[PDB]
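Next structure: contains PD-0325901.
Within every chain, numbering begins at 1; the chains are lettered A, B, ... in the order of the sequence lines, protein sequences first and strands thereafter. Just so it is clear, the values below take in all heavy atoms, side chains as well, and ignore hydrogens, waters and symmetry mates. Order of listing sets the numbers, starting from 1, for every ligand and every atom in it.
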Amino acid sequence: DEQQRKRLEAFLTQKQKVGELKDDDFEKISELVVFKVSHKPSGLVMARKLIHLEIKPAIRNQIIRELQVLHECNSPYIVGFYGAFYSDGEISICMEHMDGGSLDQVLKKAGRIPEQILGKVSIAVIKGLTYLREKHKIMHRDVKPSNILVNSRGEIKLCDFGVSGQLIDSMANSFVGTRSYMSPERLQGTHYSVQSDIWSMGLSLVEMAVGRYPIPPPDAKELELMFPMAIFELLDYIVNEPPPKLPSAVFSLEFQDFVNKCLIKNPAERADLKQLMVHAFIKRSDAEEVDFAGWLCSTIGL
Amino acid sequence: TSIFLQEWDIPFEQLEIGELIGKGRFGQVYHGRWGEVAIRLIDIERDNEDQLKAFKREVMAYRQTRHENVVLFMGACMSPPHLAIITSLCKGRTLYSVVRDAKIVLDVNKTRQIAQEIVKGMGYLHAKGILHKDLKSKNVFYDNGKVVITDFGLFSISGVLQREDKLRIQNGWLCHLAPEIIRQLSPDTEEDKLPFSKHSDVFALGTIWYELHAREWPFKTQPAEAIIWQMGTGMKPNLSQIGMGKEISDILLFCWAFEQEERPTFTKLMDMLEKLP
Ligand SMILES: Nc1ncnc2c1ncn2[C@@H]1O[C@H](COP(=O)(O)OP(=O)(O)NP(=O)(O)O)[C@@H](O)[C@H]1O
Ligand SMILES: Nc1ncnc2c1ncn2[C@@H]1O[C@H](COP(=O)(O)OP(=O)(O)NP(=O)(O)O)[C@@H](O)[C@H]1O
Ligand SMILES: O=C(NOC[C@H](O)CO)c1ccc(F)c(F)c1Nc1ccc(I)cc1F
Ligand SMILES: [Mg+2]
Ligand SMILES: [Mg+2]
């Protein structure tokens with residue numbers, strides 16, 4: 001779109017209004033660990049995420065070099081990047097502040113997210129993953145509602161994708177909970193590609209469509225009302241039991257087939273990014289007039 | 001409700017606290033003077049006082065321990081909300097630091113000997129009816145042939161798991177847990193109620209045996225969720241990709257056995273390690 005080029009270029013006119021970033025430049029505005037911060041060498045209000053690492057300088061220098069490539073990647077479907085510095089045992093990643101938050105907390109605000117909005121979400125996520133693989137040869141590795149951000153302008157962008165291989169290893173401890181978006185092939189330790197990101201997107205879409213994490217599937221009573229499990233039990237359910245599916249009554253055939261193609265267990269049979277690009281569901285969704293900013297501001301309250 | 005330091009058989013007159021030795025999940029570990037000593041300061045929330053008095057009996061169990069391959073428990077004083085565990089100071093470096101030092105050769109003979117030392121100490125702790133529950137390379141100290149086991153039994157009172165509906169996993173923890181434990185992990189599981197046993201400690205030693213030869217943990221590449229599923233269904237690596245014989249790989253196959261009853265005791269394991277080339 002012509003408009004998207006303008007706001008992208010206007011993002012790069014804000015790029016040199018700072019040169020380097022350090023701790024004393026920022027004042028904590030609020031908590032969204034990520035923080036909304038006020039920059040003072042430049043009037044930009046930014047999002048500052050801090051990752052706690054106790055580790056030697058040499059590898060952090062390697063971390064910063066790997067993180068500087070985010071200055072190079074720019075797209076209307078991935079969130080913009082300001083800079084990355086180190087200070088006092090935490091490395092900081094500075095990015096755009098998106099006043100809408102992540103899709104998980106807007107789903108917490110709403111009851112369920114309608115199909116028409118999820119269509120535009122699908123298009124942007126597919127093109128964002130396509131941009132990263134085709135232009136930078138990286139896969140996201142962590143697609144889930146908590147890392148898909150929205151704003152009042154109406155754009156949606158992906159964040160928190162695995163750009164630094166050393167940063168993955170340098171993180172001391174991970175947080176494993178009851179919601180898992182990892183693909184079956186990744187859980188079994190076999191070769192994986194962007195097909196795992198496509199599974200993660202499909203599982204994220206059905207959760208946002210129904211208003212509940214869909215594994216294990218709900219019984220008949222819970223499906224009508226809408227309209228204590230160990231970690232290994234869930235993971236083994238993802239690997240061995242049939243994938244979740246949308247209810248056949250309330251959603252169109254195109255949407256049901258779309259998520260079904262995303263949740264095929266065999267990654268070779270699972271749809272790739274190009275096949276999705278032409279699936280009847282997003283051809284239909286692309287040629288639709290939906291005020292995404294209006295839906296966001298009216299239901300969340302901005 | 002309290003434990004005093006004059007209760008102990010080590011004659012105690014003064015205790016100096018020095019610098020912090022290193023960062024750790026459970027309490028702080030400082031240098032000390034008594035000879036030099038290692039002081040671990042812990043804080044208790046003044047709750048679960050029945051779990052507290054159970055901690056007292058576990059400490060009094062440590063009192064009856066003395067073995068050349070087991071760190072010398074010297075004393076423990078408790079003035080809530082502050083607790084302190086005082087053990088002999090280990091010279092040298094941790095096995096974790098030695099195994100990851102490129103300037104140090106670890107031939108098959110030395111790895112057999114280091115393993116036999118840990119087995120002897122673990123056999124002693126088992127004979128005394130004590131489960132380690134957290135055997136790992138960071139809790140073994142090696143000083144030019146002297147091998148000592150550290151931090152046995154702390155995990156029961158530890159609290160290293162404490163996000164909402166999200167359990168904290170550190171990198172090396174999962175690969176030491178036997179499959180029966182891995183299948184139990186949950187965002188609200190606690191260390192006091194995990195099914196540890198003598199078999200789980202033998203599994204943890206099997207992980208160290210892999211670490212001695214590969215010079216890295218198993219499942220080094222993969223994330224935590226993949227490790228949980230693979231270890232739960234019983235998938236385990238081997239040492240042939242680095243060219244180790246069957247004798248050294250049988251050790252893993254016995255120690256990492258999926259069924260608990262198929263894992264050997266430490267005395268039987270000592271027999272098996274004696275027969276390596
Ligand atoms: N760039 C951002 N703009 C606006 N809100 C954000 C941004 N990044 C994070 N947030 C919010 O802050 C939360 C923290 O995200 P994050 O630090 O990734 O933890 P998480 O997404 O909840 N789960 P995990 O990423 O696995 O640790 C998100 O869930 C969002 O609600
Ligand atoms: N007896 C000892 N003598 C010397 N140093 C010790 C002794 N016990 C512990 N340390 C050191 O004290 C620091 C903290 O120990 P500890 O709290 O046990 O953590 P850790 O076992 O090394 N790793 P972790 O348990 O996963 O947090 C580390 O640097 C240890 O090497
Ligand atoms: O945020 C990240 N989460 O990954 C979690 C791990 O995969 C599992 O613990 C992450 C991982 C690797 C990396 F290189 C990054 F830069 C990361 N952060 C990150 C990446 C791009 C943008 I624009 C903004 C960001 F903040
Ligand atoms: Mg995130
Ligand atoms: Mg320890």
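Put simply, copies of PD-0325901 show up as ligand 3.
The chain with the most heavy-atom contacts to PD-0325901 in this structure is named in UniProt as Dual specificity mitogen-activated protein kinase kinase 1. Other chains in heavy-atom range of PD-0325901 (under 4.0 Å): A. The PDB lists the organism for chain A as Oryctolagus cuniculus. Rounded to 1 Å, the minimal heavy-atom contact between PD-0325901 and the UniProt active-site residues of chain A is with A:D142, 4 Å.
In chain A, most residues contacting PD-0325901 belong to UniProt domain Protein kinase.
Residues with a heavy atom within 4.0 Å of PD-0325901: A:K49, A:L67, A:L70, A:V79, A:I93, A:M95, A:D160, A:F161, A:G162, A:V163, A:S164, A:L167, A:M171.
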